[PDB]
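The following structure holds paracetamol.
Positions are given from 1, in the same order as the sequence printed here. Note that ligands are numbered from 1 as they come in the structure, with each ligand's atoms numbered from 1 the same way. Hydrogens, waters and symmetry mates are skipped; everything else that's a heavy atom, side chains included, is used.
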Amino acid sequence: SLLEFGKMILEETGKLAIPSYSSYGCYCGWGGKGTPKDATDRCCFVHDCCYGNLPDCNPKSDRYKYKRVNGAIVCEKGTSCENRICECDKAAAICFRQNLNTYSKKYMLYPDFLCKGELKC
Ligand SMILES: CC(=O)Nc1ccc(O)cc1
């Protein structure tokens with residue numbers, strides 16, 4: 001669910017999901033198109049593609065369980081959807097951590113006309 005993705009992100013990066021990652025670039029937050037602006041935005045793009053592989057799952061509202069084995073994120077067993085949603089979110093959180101160095105404030109609240117492009121998952 002969206003509440004635990006928020007908490008996973010905070011734990012990984014030290015930044016609050018809202019607003020750091022809810023209006024970033026073209027795909028972080030609320031995103032539908034264009035070319036991802038930078039690495040962090042590519043993380044959001046991949047995250048969206050990952051959810052897109054689960055048409056009969058409800059990522060925003062379905063809750064999963066996970067634990068931290070010394071920093072490593074371990075998804076605990078639940079329903080097939082919960083397991084797969086959890087793996088999508090874990091990947092995104094790690095992707096965010098990996099690209100914190102290039103995170104840029106100029107992409108926050110990024111305008112929708114500047115999202116130009118095409119890209120396939
Ligand atoms: C803050 C937060 O949970 N953001 C978020 C979650 C899922 C998604 O596909 C894009 C963004």
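Counting heavy-atom pairs under 4.5 Å, the chain with the largest count for paracetamol is, by its name in UniProt, Basic phospholipase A2 VRV-PL-VIIIa.
Measured on heavy atoms with a 4.0 Å cut-off, the binding site of paracetamol is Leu2, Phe5, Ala17, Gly29, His47, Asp48, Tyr51, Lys60. Using a 4.0 Å heavy-atom cut-off, the UniProt Ca(2+)-binding residues of chain A near paracetamol come down to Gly29, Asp48. Of the protein's heavy atoms, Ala17 CB, 3.1 Å lies nearest to atom 1 (C) of paracetamol.
Rounded to 1 Å, the minimal heavy-atom separation between paracetamol and the UniProt active site of chain A occurs at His47, 3 Å. For the pair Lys60 and paracetamol, the shortest N or O to N or O distance falls below 3.5 Å.
Interface of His47 with paracetamol, defined as ligand atoms under 4.0 Å from a residue heavy atom, comprises 7 (C), 8 (C), 9 (O). Shortest contact from atom 5 (C) of paracetamol to any protein heavy atom: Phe5 CE2, 3.6 Å. What sits closest to atom 3 (O) of paracetamol on the protein, heavy atoms only, is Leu2 CD1, 3.0 Å. Annotation: atom 11 (C) of paracetamol to nearest protein heavy atom, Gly29 N, 3.9 Å.
Taking every heavy atom of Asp48 and a limit of under 4.0 angstrom, the matching atoms of paracetamol come to 9 (O). With respect to covalent bonding, the partner of paracetamol is none, since no such bond is modeled.
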